[PDB]
Each structure stands twice: as C-alpha cells, then as structure tokens.
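What follows is a single structure, written as structure tokens, with notes after it.
The numbering of chain A matches the PDB entry: 24-450, 459-477, in order. Just so you know, ligand 1 is whichever comes first in the structure, and atom 1 is the first atom listed for that ligand.
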Amino acid sequence: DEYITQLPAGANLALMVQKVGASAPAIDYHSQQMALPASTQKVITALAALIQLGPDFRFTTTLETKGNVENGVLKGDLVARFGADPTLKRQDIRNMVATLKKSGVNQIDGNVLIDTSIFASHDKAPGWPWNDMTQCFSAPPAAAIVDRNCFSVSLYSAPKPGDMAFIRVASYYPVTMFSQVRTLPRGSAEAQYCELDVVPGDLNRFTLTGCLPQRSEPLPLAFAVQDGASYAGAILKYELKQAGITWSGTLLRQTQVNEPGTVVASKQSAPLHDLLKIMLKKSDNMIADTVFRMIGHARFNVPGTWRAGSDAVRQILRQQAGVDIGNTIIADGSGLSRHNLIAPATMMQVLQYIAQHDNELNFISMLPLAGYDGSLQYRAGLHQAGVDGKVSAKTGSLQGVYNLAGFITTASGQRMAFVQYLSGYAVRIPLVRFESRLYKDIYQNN
Ligand SMILES: *C(=O)[C@@H](NC(=O)/C(=C\CC)c1csc(N)n1)[C@@H]1NC(C(=O)OCOC(=O)C(C)(C)C)=C(COC(N)=O)CS1
C-alpha cells in the first residue's frame, strides 16, 4: 500500500504473501488478477514433472535394429529413436554408432530411420513470438535435439563496400548458410533503418539479408536449428560413414508409433531431479519444454503434444496437488508463451503445496537462493532488504516484467510463500526501492 507508490504508475502489480499453512494471507493485493508468469511457469512444470515422472526419470535415446544380422549385414532398418533428451550431444551419437559397429553391424541393407514418434504436432508451443524462433533461448524443443539445437556462425564484412558480407561456419554443423548481406561503407545513410536479418528455410537452410557496416572483426551469431530431425539425421549419417557403416536406402523420418526394435545402443540423461535443478537455477527453457511435452506423453500414453502437456499439468495439479487452477491458461513448460496466464492466488496454492510437501519433493533447495550462485546471486532489492540467504525463489523476467515466486524465511524463522507479479515496468531504481522495502518488511515484521 505504501510500497506501491515506489513504482511508476504505468506498472501493474499483483502480490500475495502468506505464511506456510495459514488460512489467510499477510499481504493480498489484486491476488486474483491474472498475469503473464514468464519463467515462474517453471515452478509448476517442475512440480507436475516430479509428481508424474518422478525424480529418477531419465530421457532416453536408442539405436535399434529391426531385422536379422547376417554376416555383419543388417537385413532391415536402423532406427534411431530420439526421446527429447535436452542434453544429448554430438559425441553421444558418435558413441552409440561406435557401439552399433562393435556389435557386428558393418552394413545396413535398408533405411536409416529417424524416429520422433515420442512427440507429435509442432515443436513450438502456441503463443511463442515468431521473431524469437531463430534464437537459441527459444530453439524448438523437438524430440531430436543435439547440442541444444543451437549452432554458431561468424559474419565478416567484405573489404570493399557494396560487396557481399560472408559467412564462416564450422564443418561439423549440418546447416546451409547463404549471404545476401550488403556491406555498407562507414557512415552510410542506410545504416539507421537497414536491418540485419536471418531468414530460415527448409532443411536447416539459413539466409542472412540486409546490411552490415564495415567492421574490423567478424560478427558472431548463434541460431536455433528449425528442423531437429533433419539435423540429427545428418549428424547420425556423418557418424555412420565415419565408422565405415554403409546402407543401401535413405534417411527417413518415422513419426508413427511403433514397436521398439532390438536396442543395440543407448544413452540416458542425468536423472530428472538433476535436470530440474539446472532448469530452476538457470531458467533453462529447453529442459522445461521437453519435460512439459513428456508429462503429457506419460500421463495419457499418446505422442506428446502441447495440448496434451497442458491438459496433463492441469489434471496433475487438480488431482494430485488439490489445486484447481480454474481459468488459468498453461501453454508451455518454460513460460515463453504469451498465452500463459495465471493469478498470484493460483500460484500461491502451488507454492503452499510445495512447502507443505517439501520434505518429500526436496523442491525448495532447487530454487535460486538469494545471494548465492544462481539467478538471485545479486538482486539489489533482496540484497538491500537484508534477505540474502533467506529467499528461495524463481524469477520471471522480460523487458518490463519483474516476477518473483517462492519462499522467504523471516526474522522470527517462519516461512512465508510469496508471488510478486509485476509488469509494464517499461518504467533499476524504483524496482530496487520497492523490493528493498517490501522484502525488508516481510522479513522483519513476521
Ligand atoms: C523466463 O522468464 C525465461 N525467459 C522468458 O520467459 C522470456 C519470455 C517469456 C514471456 C524471454 C523473452 S526474450 C528472453 N530473452 N526471454 C528465462 N529467464 C532468464 C532470466 O533469468 O531472465 C533474464 O534476466 C536476468 O538475467 C535476471 C533475472 C535479472 C538475473 C534466462 C536468461 O536470459 C538469457 N537469455 O541470458 C533464461 S530465459
């Protein structure tokens, strides 16, 4: 009430603070008003994941044979069955292929199948901004992921202005780069409104367009792979050839559910509890979103889709956590989607459940701890409020958005849950002053 005055009038605050297990809140300010959660969405994802999949779930990738092996020759298909493992690396594919060879397969009399049947429909959630789709933080969290589905490129201006700027990319990235970038003389009138753009095409083609001012060093750029299956296929095909394995057929995608072949090689991710800790400490969208469609797959035994994920999380929260989210909209796991819409009061029910079951979930220890390595290592409001070491909370940050959801231990040692949904802060002083006062008050007055 007094605090709100610290913020620009352009800003929208919805805030709830409640003692763990209490029937009534200590602070309740527009707590039923629905807001964009951004990355605080990951709290709900983590909880739904632990309940549905459990802390010991591991993502799985396999090479399977369908057919008889005669004289080093597979009579049939090689199936590379991807499982949305966010942490799969090129070297892992190389290792599985080394294992395939070692098992006695030198030749495939058949097709190489890139099986993505674990998932179906689009690899991008509803409500994701189109313009972010080429950025690594928003890379499609496909069934087929290798080195996070992100690659990097160097863009060099041409020595003579008007000449085409040129692109260097490492041999080990199966992408196709084209440049239509005009190098501008220093001081060109064109430089103010001529954009430098990336335009993705089919089969992991990328075209760079527009203008680049003459510059002395290359411009480093990182892009998201748009077609994870094709990318993973191309890497597998490279690794097969290097290991001297030949095949007569072609690389085909397999999207339809099917019975597994004989598993000849496999890679499993770290256990889910480990991945959810990375996810919560780093706000890792890819772990959040692979987990999210995995939940739907697991709950309903269908290829995982965004809709299946949303229905499953809603159900898990209602039936296992006794939280009816009502009119909340859950669109993804990471909070990237602009369709995600939730009130502090609803997220409070989620936090209350977590605090009440924390000896079981080992959840709170996974959230960023204020003043320690993580997203809250130094958040000036919290530091100045004197609450380093006292707040465990998930951030949700965007231009003009400063969300915080989690727990604080007060001066008297009571634990309080809080949801701070604060947006349109297009107007780092008013925010600091608000949070310094607010968290200082909660800590010392409870
Ligand atoms: C959580 O909010 C995540 N990002 C988003 O949700 C975004 C939009 C959702 C509506 C978003 C749009 S554009 C963009 N880059 N993200 C993840 N959160 C963060 C992060 O912590 O926020 C950045 O600000 C901070 O670093 C502090 C919170 C001040 C510490 C991640 C870091 O950003 C990356 N790209 O450097 C991962 S994305």
Original post:
If you rank chains by contacts with ligand 1, which one has the most, by name in UniProt?
Top reply: D-alanyl-D-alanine carboxypeptidase DacB
**OP:** Provide the name, as given in the PDB, of the drug at ligand 1.
**Re:** Flomox (open form)
Subject >> Source species of chain A (PDB) >> reply: Escherichia coli
Subject >> Covalent link for Flomox (open form), residue and atom >> reply: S62 OG
Original post:
If you measure from atom 12 (C) of Flomox (open form) to every heavy atom of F160, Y425, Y401, which option wins on shortest distance?
Top reply: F160
**OP:** Find all atoms of Flomox (open form) within a distance of less than 4.0 Å from any non-hydrogen atom belonging to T418, and give their numbers and elements.
**Re:** 21 (O), 28 (C)
Original post:
To the nearest 0.1 Å, how far is atom 30 (C) of Flomox (open form) from its closest protein heavy atom, and which atom is that?
Top reply: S398 O, 3.6 Å
**OP:** Name the UniProt active-site residue of chain A nearest to Flomox (open form) and give the heavy-atom distance to 1 Å.
**Re:** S62, 1 Å
Subject >> Protein heavy-atom partner closest to atom 38 (S) of Flomox (open form) - residue, atom, separation in Å >> reply: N308 ND2, 3.7 Å
Subject >> Min N/O separation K305 to Flomox (open form) under 3.5 Å >> reply: no
**OP:** Kindly indicate whether atom 18 (N) of Flomox (open form) is approached by any protein heavy atom to under 4.0 angstrom.
**Re:** yes
**OP:** Report the nearest protein non-hydrogen atom to atom 9 (C) of Flomox (open form): residue, atom name, distance rounded to 0.1 Å.
**Re:** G358 O, 3.1 Å
Original post:
At what distance is the nearest protein heavy atom to atom 37 (C) of Flomox (open form), and which residue and atom is it?
Top reply: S306 O, 3.3 Å
**OP:** Distance to 0.1 Å, residue and atom name: give those for the protein heavy atom nearest to atom 2 (O) of Flomox (open form).
**Re:** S62 OG, 2.4 Å
Original post:
What residue and atom, counting heavy atoms only, is the protein's closest point to atom 7 (C) of Flomox (open form), and at what distance?
Top reply: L359 CD2, 3.8 Å
Original post:
Tell me, which protein residue and heavy-atom name are nearest atom 29 (C) of Flomox (open form), and how many Å apart are they?
Top reply: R459 NH2, 4.0 Å
Subject >> Per-atom contacts of Flomox (open form) with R361, taking only distances under 4.0 Å to non-hydrogen atoms >> reply: 8 (C), 9 (C), 10 (C)
Subject >> Sub-4.0 Å atoms of Flomox (open form) with respect to non-hydrogen atoms of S420 >> reply: 2 (O), 22 (O), 24 (O), 28 (C)
Subject >> Non-hydrogen contacts within 4.0 Å of Flomox (open form) >> reply: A61, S62, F160, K305, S306, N308, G358, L359, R361, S398, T418, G419, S420, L421, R459
